[PDB]
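Contents of the following structure include dasatinib.
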Amino acid sequence: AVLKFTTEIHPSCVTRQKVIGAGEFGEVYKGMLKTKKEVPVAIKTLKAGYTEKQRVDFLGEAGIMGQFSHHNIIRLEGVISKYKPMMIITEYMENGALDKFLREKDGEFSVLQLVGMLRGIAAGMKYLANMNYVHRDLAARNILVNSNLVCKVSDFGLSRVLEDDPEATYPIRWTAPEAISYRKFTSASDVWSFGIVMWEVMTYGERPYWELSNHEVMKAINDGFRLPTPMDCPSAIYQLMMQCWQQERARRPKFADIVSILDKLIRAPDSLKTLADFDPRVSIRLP
Ligand SMILES: Cc1nc(Nc2ncc(C(=O)Nc3c(C)cccc3Cl)s2)cc(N2CCN(CCO)CC2)n1
């Protein structure tokens with residue numbers, strides 16, 4: 001039923017040009033779509049021999065995305081299902097995944113730009129939550145960035161989301177305690193993950209909890225430790241991420257609250273000049 005909302009695209013309208021992602025059962029390409037001149041698109045394929053579950057999971061991502069229409073959610077152009085290999089075609093995000101982007105652009109943005117990226121992510125997440133969609137895998141690696149610096153939530157589906165992410169192990173350090181301990185994934189566990197994303201953005205893609213093992217992370221969280229403030233981080237931003245990490249689900253902000261706060265800070269940007277204290281890990285003394 002959900003696929004009837006998607007446009008079926010003829011293969012002659014699609015040219016794959018360059019591989020930008022890859023796995024065992026398909027690749028992601030940058031390419032062009034010619035329905036105006038040709039427009040750039042991203043193209044994900046599913047290779048022949050796929051199972052019934054793989055087909056349901058693959059087209060299910062497109063079916064979910066076709067239900068959404070929001071500035072901060074990746075837009076679906078259409079699908080190729082009548083021909084093989086099958087494909088999903090979306091808008092092309094020129095700057096790729098947010099985690100890699102920030103690590104390759106360390107120090108290159110203003111604090112206001114970084115906070116603007118978080119407001120966009122939060123707006124997309126508010127929309128998903130209100131559409132009754134729990135993401136389960138919110139992380140900077142699953143946000144895409146375009147040439148306007150707009151961040152859009154990516155990576156949709158059911159079981160395929162955690163199955164396909166190599167960070168998800170039998171990822172812990174993005175996941176709220178109740179989701180780990182008793183499998184309770186909700187929009188409030190997505191808020192926990194969003195707090196981790198805030199820390200990823202403000203640190204230019206530092207890995208959460210550094211080299212602590214998964215067990216060490218869980219033990220630290222259960223004992224009350226939390227990630228320390230990033231360098232040069234507005235106090236209001238650190239306070240907000242901390243509240244995303246409340247152990248008690250009910251004490252966490254909703255995405256509605258997050259969007260409202262971030263919007264107010266951006267609209268009075270001097271509010272971002274007050275920085276949380278950074279605890280230095282190296283002492284440099286000079287006479
Ligand atoms: C991984 C990656 N993606 C990029 N853009 C994308 N746009 C949309 C994507 C996407 O996957 N759509 C999608 C599809 C198609 C189906 C189902 C679901 C979805 Cl969400 S991927 C750009 C990019 N690069 C550009 C910048 N380079 C800098 C050098 O380091 C690095 C590589 N790399």
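Residue numbers count from 1 along this sequence. In each ligand, atom 1 is the first atom listed, and ligand 1 is the first ligand listed. Side chains included, hydrogens not; waters and symmetry mates left out as well; all remaining heavy atoms used. Determined via X-ray crystallography, 1.2 Å.
Measured by close contacts, the chief partner of dasatinib (ligand 1) is listed under UniProt as Ephrin type-A receptor 2. Applying a heavy-atom cut-off of 4.0 Å to dasatinib (ligand 1) picks out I20, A42, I43, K44, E61, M65, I88, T90, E91, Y92, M93, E94, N95, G96, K100, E104, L144, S154. Each of the atoms 25 (C), 26 (C) of dasatinib (ligand 1) lies under 4.0 Å from some heavy atom of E94. According to the PDB entry, the source organism of chain A is Homo sapiens. Each of the following atoms of dasatinib (ligand 1) lies closer than 4.0 Å to a heavy atom of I88: 15 (C), 16 (C), 17 (C). Closest UniProt active-site residue of chain A to dasatinib (ligand 1) (heavy-atom distance, 1 Å): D137, 12 Å. Protein heavy atom at the shortest distance from atom 11 (O) of dasatinib (ligand 1) is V28 CG1, 4.1 Å. Here is the list of dasatinib (ligand 1) atoms found below 4.0 Å of a heavy atom in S154: 20 (Cl). Every atom of dasatinib (ligand 1) is numbered from 1 in the order shown, and the set under 4.0 Å from a heavy atom of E91 is 7 (N), 8 (C). Among all non-hydrogen protein atoms, the one lying nearest atom 24 (N) of dasatinib (ligand 1) is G96 CA, 4.0 Å. In terms of polar-atom proximity, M93 is counted as a contact of dasatinib (ligand 1), with an N or O under 3.5 Å from an N or O of the ligand. Remark: dasatinib (ligand 1) and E61 share no N or O pair separated by less than 3.5 Å (distance only, no angle test). Note: chain A touches dasatinib (ligand 1) mostly through UniProt domain Protein kinase. The protein heavy-atom contact nearest to atom 30 (O) of dasatinib (ligand 1) is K100 NZ, 2.7 Å.
Between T90 and dasatinib (ligand 1), at least one pair of N/O atoms sits closer than 3.5 Å. In terms of polar-atom proximity, defined here as any N/O pair under 3.5 Å, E104 does make such a contact with dasatinib (ligand 1). Looking at UniProt's ATP binders in chain A, a heavy atom closer than 4.0 Å to dasatinib (ligand 1) shows up in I20, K44. Of all atoms in dasatinib (ligand 1), listed by their number and element, those nearer than 4.0 Å to a heavy atom of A42 are 7 (N), 8 (C), 9 (C), 10 (C), 12 (N), 15 (C).
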